[PDB]
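Summary heading: complex between quinupristin and 23S ribosomal RNA.
Numbered from 1 within each chain, the chains take letters A, B, ... in sequence-line order. Non-standard residue? Parent letter or X, and its extra atoms don't count. Be aware that this covers only part of the deposited structure, with contacts counted strictly within it. FYI, side chains are in, hydrogens and waters are out, and symmetry mates aren't considered; it's all heavy atoms of this structure.
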Amino acid sequence: XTXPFXX
Amino acid sequence: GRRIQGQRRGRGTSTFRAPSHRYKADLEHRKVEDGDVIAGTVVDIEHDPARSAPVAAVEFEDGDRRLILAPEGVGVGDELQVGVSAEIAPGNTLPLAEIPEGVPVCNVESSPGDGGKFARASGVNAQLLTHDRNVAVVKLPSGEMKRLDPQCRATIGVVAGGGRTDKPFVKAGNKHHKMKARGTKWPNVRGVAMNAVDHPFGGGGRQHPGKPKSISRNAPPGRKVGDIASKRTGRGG
RNA sequence: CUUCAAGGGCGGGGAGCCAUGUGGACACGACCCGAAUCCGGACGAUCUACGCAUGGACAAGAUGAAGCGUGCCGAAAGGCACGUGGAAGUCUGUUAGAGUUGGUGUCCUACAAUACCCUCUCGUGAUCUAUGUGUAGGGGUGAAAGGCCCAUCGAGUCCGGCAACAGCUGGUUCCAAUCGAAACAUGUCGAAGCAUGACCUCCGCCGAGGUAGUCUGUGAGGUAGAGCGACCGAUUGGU
RNA sequence: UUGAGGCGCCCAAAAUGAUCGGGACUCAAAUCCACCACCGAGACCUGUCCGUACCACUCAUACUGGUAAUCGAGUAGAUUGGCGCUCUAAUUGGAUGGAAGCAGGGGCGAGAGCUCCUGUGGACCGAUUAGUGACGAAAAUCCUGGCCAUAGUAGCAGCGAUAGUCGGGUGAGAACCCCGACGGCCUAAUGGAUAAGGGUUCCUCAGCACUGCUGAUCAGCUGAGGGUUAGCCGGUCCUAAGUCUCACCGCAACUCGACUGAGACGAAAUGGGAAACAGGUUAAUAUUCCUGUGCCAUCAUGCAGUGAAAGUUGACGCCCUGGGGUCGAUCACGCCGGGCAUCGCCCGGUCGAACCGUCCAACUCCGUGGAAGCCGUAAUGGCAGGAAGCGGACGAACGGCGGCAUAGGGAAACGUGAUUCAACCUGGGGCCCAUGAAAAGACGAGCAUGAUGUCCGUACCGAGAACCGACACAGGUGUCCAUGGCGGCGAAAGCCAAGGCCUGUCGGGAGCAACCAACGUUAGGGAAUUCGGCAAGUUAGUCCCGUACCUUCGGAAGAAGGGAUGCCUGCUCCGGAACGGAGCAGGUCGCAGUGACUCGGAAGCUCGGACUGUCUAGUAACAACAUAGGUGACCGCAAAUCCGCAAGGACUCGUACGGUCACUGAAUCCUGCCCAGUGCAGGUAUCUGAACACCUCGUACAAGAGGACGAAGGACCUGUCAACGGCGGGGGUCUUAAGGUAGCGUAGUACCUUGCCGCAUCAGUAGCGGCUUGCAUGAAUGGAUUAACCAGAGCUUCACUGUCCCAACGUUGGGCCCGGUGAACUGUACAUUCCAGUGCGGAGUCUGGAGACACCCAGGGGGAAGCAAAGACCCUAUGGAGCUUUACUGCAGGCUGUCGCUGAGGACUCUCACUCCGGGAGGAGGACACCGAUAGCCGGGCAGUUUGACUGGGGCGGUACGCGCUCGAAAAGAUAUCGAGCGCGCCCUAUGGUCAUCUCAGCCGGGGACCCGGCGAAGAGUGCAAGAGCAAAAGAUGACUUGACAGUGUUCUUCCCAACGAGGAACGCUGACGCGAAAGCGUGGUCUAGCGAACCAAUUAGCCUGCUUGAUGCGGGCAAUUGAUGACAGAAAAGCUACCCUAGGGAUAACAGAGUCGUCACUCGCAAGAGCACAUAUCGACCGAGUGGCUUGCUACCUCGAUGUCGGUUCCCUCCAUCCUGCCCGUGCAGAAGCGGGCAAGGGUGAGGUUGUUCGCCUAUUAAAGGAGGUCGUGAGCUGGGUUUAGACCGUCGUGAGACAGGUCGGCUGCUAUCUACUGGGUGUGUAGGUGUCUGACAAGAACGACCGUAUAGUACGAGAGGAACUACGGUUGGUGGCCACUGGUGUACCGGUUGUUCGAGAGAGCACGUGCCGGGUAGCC
Ligand SMILES: [Cl-]
Ligand SMILES: [Cl-]
Ligand SMILES: [Cl-]
Ligand SMILES: [Cl-]
Ligand SMILES: [Cl-]
Ligand SMILES: [K+]
Ligand SMILES: [Mg+2]
Ligand SMILES: [Mg+2]
Ligand SMILES: [Mg+2]
Ligand SMILES: [Mg+2]
Ligand SMILES: [Mg+2]
Ligand SMILES: [Mg+2]
Ligand SMILES: [Mg+2]
Ligand SMILES: [Mg+2]
Ligand SMILES: [Mg+2]
Ligand SMILES: [Mg+2]
Ligand SMILES: [Mg+2]
Ligand SMILES: [Mg+2]
Ligand SMILES: [Mg+2]
Ligand SMILES: [Mg+2]
Ligand SMILES: [Mg+2]
Ligand SMILES: [Mg+2]
Ligand SMILES: [Mg+2]
Ligand SMILES: [Mg+2]
Ligand SMILES: [Mg+2]
Ligand SMILES: [Mg+2]
Ligand SMILES: [Mg+2]
Ligand SMILES: [Mg+2]
Ligand SMILES: [Mg+2]
Ligand SMILES: [Mg+2]
Ligand SMILES: [Mg+2]
Ligand SMILES: [Mg+2]
Ligand SMILES: [Mg+2]
Ligand SMILES: [Mg+2]
Ligand SMILES: [Mg+2]
Ligand SMILES: [Mg+2]
Ligand SMILES: [Mg+2]
Ligand SMILES: [Mg+2]
Ligand SMILES: [Mg+2]
Ligand SMILES: [Mg+2]
Ligand SMILES: [Mg+2]
Ligand SMILES: [Mg+2]
Ligand SMILES: [Mg+2]
Ligand SMILES: [Mg+2]
Ligand SMILES: [Mg+2]
Ligand SMILES: [Mg+2]
Ligand SMILES: [Mg+2]
Ligand SMILES: [Mg+2]
Ligand SMILES: [Mg+2]
Ligand SMILES: [Mg+2]
Ligand SMILES: [Mg+2]
Ligand SMILES: [Mg+2]
Ligand SMILES: [Mg+2]
Ligand SMILES: [Mg+2]
Ligand SMILES: [Mg+2]
Ligand SMILES: [Mg+2]
Ligand SMILES: [Mg+2]
Ligand SMILES: [Mg+2]
Ligand SMILES: [Mg+2]
Ligand SMILES: [Mg+2]
Ligand SMILES: [Mg+2]
Ligand SMILES: [Mg+2]
Ligand SMILES: [Mg+2]
Ligand SMILES: [Mg+2]
Ligand SMILES: [Mg+2]
Ligand SMILES: [Mg+2]
Ligand SMILES: [Mg+2]
Ligand SMILES: [Mg+2]
Ligand SMILES: [Mg+2]
Ligand SMILES: [Mg+2]
Ligand SMILES: [Mg+2]
Ligand SMILES: [Mg+2]
Ligand SMILES: [Mg+2]
Ligand SMILES: [Mg+2]
Ligand SMILES: [Mg+2]
Ligand code: NA
Ligand code: NA
Ligand code: NA
Ligand code: NA
Ligand code: NA
Ligand code: NA
Ligand code: NA
Ligand code: NA
Ligand code: NA
Ligand code: NA
Ligand code: NA
Ligand code: NA
Ligand code: NA
Ligand code: NA
Ligand code: NA
Ligand code: NA
Ligand code: NA
Ligand code: NA
Ligand code: NA
Ligand code: NA
Ligand code: NA
Ligand code: NA
Ligand code: NA
Ligand code: NA
Ligand code: NA
Ligand code: NA
Ligand code: NA
Ligand code: NA
Ligand code: NA
Ligand code: NA
Ligand code: NA
Ligand code: NA
Ligand code: NA
Ligand code: NA
């Protein structure tokens, strides 16, 4: 939810 | 949105209250049936936390010990007087009627007997100008001509501690300490720096008010911010 | 009934009412589950934010402000030198304590639902900290990041309203026989949906024709092709 | 010579392994013309049966017979007969001679299902008929339970706390329970005392089923007992912030609510406070019990005393500092006890309270004295208003001294002095825009004796096992011990006591492999690495010398740079002295003297923010927030601002030097112009402006209509920009007010852009400087600039270095084997795959081939679009929420008029209600204000919502959203696209209607007007698109007329077929008319566009109707006309979200795949042209034909219950359209150097500077430094610079939220490998007892590629300049395999030096992180 999974 | 800061204020919570429990004395003129025979001796000179100015302790003839809004030049030993016949010297309190015109006065009553209302901050002073069987004209420190009952009592001299505003605070820490002795929330965040939800000026991609800063007097609390009922703004013209 | 008038609308030569099974419709939870809400009353400041009350904490060293002193110079104002003094949101500092920059290291079914190691910042102040106390949910608190208010925050938590609503995804349990589609038209805040038609099926009625094929006859037609000294408009040249 | 045909050839390049399905085929197993015989479906024929339909018989849908060439497939769905389950009823049965259920098995039915046998079971169970219903499961990431694989697998290692070993004890059993020894670990804690919290965890005995990361005899576990003793320690009492209760008031009301009054509560470490010490004692308590001794309070008695309440105390901030002084620590010497054994050292002890008595320095004061310059301090200071000195009053310690004490304690001695001095005592100075509690209580206020002193707490833990965190959790959690020794500045490191511990609790084994975590050392080079020096390294302590620019004069600054540094001998100086400090001379060891440890790398340029400070608890610490400072606004306090529904409240114990509301953000130089719009405010003749009252009309009243007056507000006018904001185009004004001033400028703002020039580098999308026309800089939306400051962004230099060339060796913990313990993730099924193909276009399973004996160990992770998450992106839904606004609608609030309270005599007086000030007397105010009610205005402060659809995704654009014409449309009708051409939302009283008269365009001839004749089927005209119609007219002229009429229909259309409204049209009727002789024509315009529901209102004519009833008023209704919804079959309606949320969609976009190939790349055909002549050495237009699948674009097939991004990296395979290398052809080929082409993929194709870049630019090397495919190969491999979350800034846009195909700083990389795959290693089976040696089907290789030099030769060639070759040699580079004599690295084997500390010294050792550091280094590995 912040780009790369899950950053 | 959410109530703006000015709205949390009214609720009178801790953060917004003055540390009253740390205040010394509700400075108010003494009462005298009449005669004026009252007078006491200055016993000490203390620091008044509520006004960041000195106040004088006094013991009266009828053994009454109370703190007094001290004018300048009042030292220990001095003898003050409070009454219609009180002498016309600095420190004495008497009805404007008995005070000679042109004399600097402080701690003036609005209604006779209220114990003083006007001119009580560091170094300020009112000015008795006109006498009358009816009205005593006093020029308050704001420069306004106030029409008062010649029966309103007032102290002769200017308030002590004058010139306190001449030295800058220099550092946040000095404000901090002073602020902590008043009924005020500090520091201050500008609306423009908040979210739209928190203040009418909040939001945007950059910081700026979203409307003209001058608000109508008839505006509801929650929306009345910025320049309240400004008759004009700026320094020009 | 409308109506000078006329013409139209509705109705008329006795079949209903009740019961039982069953098909279907509407309201209700309405075949079942499925989600983000919204509203009410309550319970939370043992976490955390801010304030207040009462206590506690900061090895050691560095720099050396004002003030003061002695000496020299000066008419004086003062100046210079040395010393004294010990100021500071001051410096160094894994003192205690507080913080959390990099390693994008270790860990990542962890020791741990935020840890470990090294590195790094502050460390007499707008300081750090214990305990007590205040502020409560469209409300607090906020040096403001929509941060925080007990692993919960662009509106906490609990229970209730509540079986919320959805045209959206998923699922809906025994055997056989007959018939057997529509993926289209009209309307629609309608296009992931409906309604009305087309089309599928079932029932009652009617009672002798029907017409998917071919031929012929009486009619409708300007597409292919063709052609333009037949319109029209394009489109070569020569005497 | 030429025409035609058949087959073939050339043209003809692609990525793991070639293909026609394969093998393979050549007078065919190819192709073409004929021909022959066969194979081959469930089709067709045929036997029997079944169902369905129909016929005959029949009550029958029971039989029996018959017909089907014209019956037999089927999703959704309609219809119908039947099977099974529960319980009820009727009728009727079975069961202990064995019911139901269950397991295995037999028979029947198409089947649901029925039934029988056997075993089990041991008490119920059916059938038929009619009923009944919480009646049938393979599915829902379905629910609950159980279970398998996973797997004897991960974890029981990682933490600066690496901990044990040998004997022995107990025991059934011992690695971990106990004793000893040896060895270690903890030092503000791993020790001691405690708060909270826990709550019996404490002690004892007995145990091991549970718990304990293994075991256990042990235990915080199980069981049973036991254990906490107070006048003098806490609680209790007091009061703090503040809380509650009652009263009062409010509220519809309360368990609600502010004030006021009274009362109570509110502190156990850590606020205030009457009083206790020492020893002894238990398994467990202890200032509690016991012994000794002491003290306090109250009361009683007695004596004294009449004092007695004023005052003092309780009782207080921050910084600096002196004096007094105890413990401790250390020094000297004596005594007691121990240790050591070459010396003479080293360790421990040497005690003793509360209390009672007594002493008193500081401070203050008194007398004396009499200083005119002295006294005094660390410092400040002091004085004729009386200094020193002297004398004296008051007056301190938890201190000294005496007692206490032939008490206690010690085996003994049972000391004395000193220094520095925590505790404790007492002074001096400095700071505040900060002023640093209160109350109870004590004192003041004697003494003796006696009595009384209850109630509650008291165990234990207090943490890497007793607390919170689900756990015996590496996390979190307050106070006191801060004075143990060496060390040193130190509460620092390191080492060591006291005390604690070996429980940060699983072990055993392999020189112990790969691989991984922490880490040491690496030669030469030295940032070449990389986004970036990330990571690591360098430096370092103290003293001396010395120190730039700049600067706010403080600073910069430890700038920088240089030197010194140990031990030993003897000394000097400072001081009272230290076991304090500063130096001198001489001697002397090492590679090294802050020898370990502790311990800065340095310099410069630019950007930002002034500074310290604040922040996203859990990806952002920043430039963001704050700040002082600057400015503006509001307000005289019965205020401004703000909270409450009210009663009431904060600000405020406050008062303009105040405090509220905002903006800007230290200093420095400055801050231009604009008031047009918007906002705020002031004014206002006039205009506009509600309700009440008032006037008129209306109504026996009323509704209602109008008038007059007119508040705030608006119009209008003015003021105002440090108020929102603005500062251009054009010319030598225009919009809309002004038209960019100082400055700054390619900016964190500049698209073009890597701008141009310079610096710097071999090379510099970087950085800096200058220029600068600025896509789209600029003045408190602050501009410029700036010393200091900074875990902030960029860049340069010296130093340094395993970041890199290029890796090696080593150390510790794992890893691996063994004992014990023992999970989870995941699983439709099958599964030894590979190359291709196919398929919903991204297959282990389909198709064809190839390969393939089974099982097991280890590995790194290629594939299973691996595991994990119902995609956050995108669209969609008449979904959600937060936010905005001049969106829609409302609600608070403010302003204002009016009514009530409310009174006397469009302006005015008064006092009596009411308000306010005042203790009161009384003063101010006053019918106002407040309050209740209403009206107008302002009113995102707040609430609810809306903000449409179509669409080669969506948005923007458009409207193909209601209509008409031609074409599309395939000669009936119907027919789509954001298909092609293009129109309609009217106009017309004549441009309608009829009748009469008449014939038009155009051309020709005669006197572009008019007139005459002729030709003239239609090209004219007919209102408007288009298409169609029309000539004695539908056109023209003239005249007359109003049918553009009322009423009501039929039919078609709208909507083909085929339902659907309004609307339209065609054709009638009835009535009334116009014109004409009349037939007849006129239901508007020649035909097809010109249109609008319900409700509501107005309007037309007549009638019906309103609650017992008459009259009047005012309503309700039948018929119809008009008013608009163009989103046109009708809602009243704006946005943002990156803070986001949900339902879904591959129904729809981004990425990748797939199709296409316009684009892109490459080729070919023709060959104009030029190349001095010469197309074809070379270059080569136009046009034409193609191949590829790298670019772009298109499409929307695949995936939205996720197939992880770009670039880079590492590692493997491939393609040829070939850059180099080999072999060749041509040449505008003399040679040398080239230019072009051919075969050819074996090998090679490298290193760097800017940039995240791919791309590209640049430098130097080179034989050359080719291009491309592999999910734009490669995130269960890495990296994370860019795109693209949450924070922030700038520019632009926007009213605003906020946006951007703009820029910029910051910003968390998950998983234990089941299968398959490969690299290597084993165990089995097959060939069918053994040893040794071979063979070689096939398999792999690049095992070798390339360059320089010499001789050839200064030769051939050439005018010369210049300048080869074959061959033979030497060497280099890259790659490859192996090896260690040599060189080099390592080498925590080893030997030595040496710092700190401990064992007394010596000797000899331990620790300093897994070597303290330093120096050398064998084998082995490299
Ligand atoms: Cl202030
Ligand atoms: Cl059946
Ligand atoms: Cl206690
Ligand atoms: Cl002193
Ligand atoms: Cl090179
Ligand atoms: K997808
Ligand atoms: Mg997100
Ligand atoms: Mg007061
Ligand atoms: Mg405060
Ligand atoms: Mg601020
Ligand atoms: Mg913000
Ligand atoms: Mg708002
Ligand atoms: Mg700003
Ligand atoms: Mg709603
Ligand atoms: Mg708390
Ligand atoms: Mg000094
Ligand atoms: Mg500091
Ligand atoms: Mg520090
Ligand atoms: Mg935000
Ligand atoms: Mg069936
Ligand atoms: Mg059947
Ligand atoms: Mg044709
Ligand atoms: Mg069938
Ligand atoms: Mg029966
Ligand atoms: Mg199913
Ligand atoms: Mg496994
Ligand atoms: Mg060890
Ligand atoms: Mg035991
Ligand atoms: Mg125990
Ligand atoms: Mg109490
Ligand atoms: Mg206490
Ligand atoms: Mg005990
Ligand atoms: Mg105890
Ligand atoms: Mg443990
Ligand atoms: Mg090296
Ligand atoms: Mg580089
Ligand atoms: Mg590189
Ligand atoms: Mg670093
Ligand atoms: Mg001396
Ligand atoms: Mg820049
Ligand atoms: Mg800063
Ligand atoms: Mg964070
Ligand atoms: Mg930071
Ligand atoms: Mg951070
Ligand atoms: Mg300010
Ligand atoms: Mg700022
Ligand atoms: Mg430049
Ligand atoms: Mg300005
Ligand atoms: Mg601003
Ligand atoms: Mg989804
Ligand atoms: Mg989105
Ligand atoms: Mg919404
Ligand atoms: Mg009052
Ligand atoms: Mg709103
Ligand atoms: Mg749409
Ligand atoms: Mg047709
Ligand atoms: Mg007509
Ligand atoms: Mg309407
Ligand atoms: Mg009308
Ligand atoms: Mg419509
Ligand atoms: Mg329609
Ligand atoms: Mg979602
Ligand atoms: Mg699709
Ligand atoms: Mg994958
Ligand atoms: Mg080739
Ligand atoms: Mg090859
Ligand atoms: Mg890729
Ligand atoms: Mg590649
Ligand atoms: Mg991968
Ligand atoms: Mg990954
Ligand atoms: Mg992994
Ligand atoms: Mg990044
Ligand atoms: Mg970046
Ligand atoms: Mg970035
Ligand atoms: Mg060691
Ligand atoms: Na804003
Ligand atoms: Na809702
Ligand atoms: Na709290
Ligand atoms: Na000085
Ligand atoms: Na950290
Ligand atoms: Na809420
Ligand atoms: Na509920
Ligand atoms: Na719904
Ligand atoms: Na729908
Ligand atoms: Na369809
Ligand atoms: Na539709
Ligand atoms: Na027929
Ligand atoms: Na044709
Ligand atoms: Na069916
Ligand atoms: Na004493
Ligand atoms: Na020491
Ligand atoms: Na153990
Ligand atoms: Na600081
Ligand atoms: Na203006
Ligand atoms: Na204006
Ligand atoms: Na500007
Ligand atoms: Na800082
Ligand atoms: Na290394
Ligand atoms: Na794999
Ligand atoms: Na939201
Ligand atoms: Na709408
Ligand atoms: Na019609
Ligand atoms: Na092609
Ligand atoms: Na999927
Ligand atoms: Na990549
Ligand atoms: Na090759
Ligand atoms: Na991929
Ligand atoms: Na990548
Ligand atoms: Na990753």
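- One finds quinupristin in this model at chain A.
- The letters of other chains with a heavy atom under 4.5 Å from quinupristin are D.
- The name that the PDB assigns to chain A is quinupristin.
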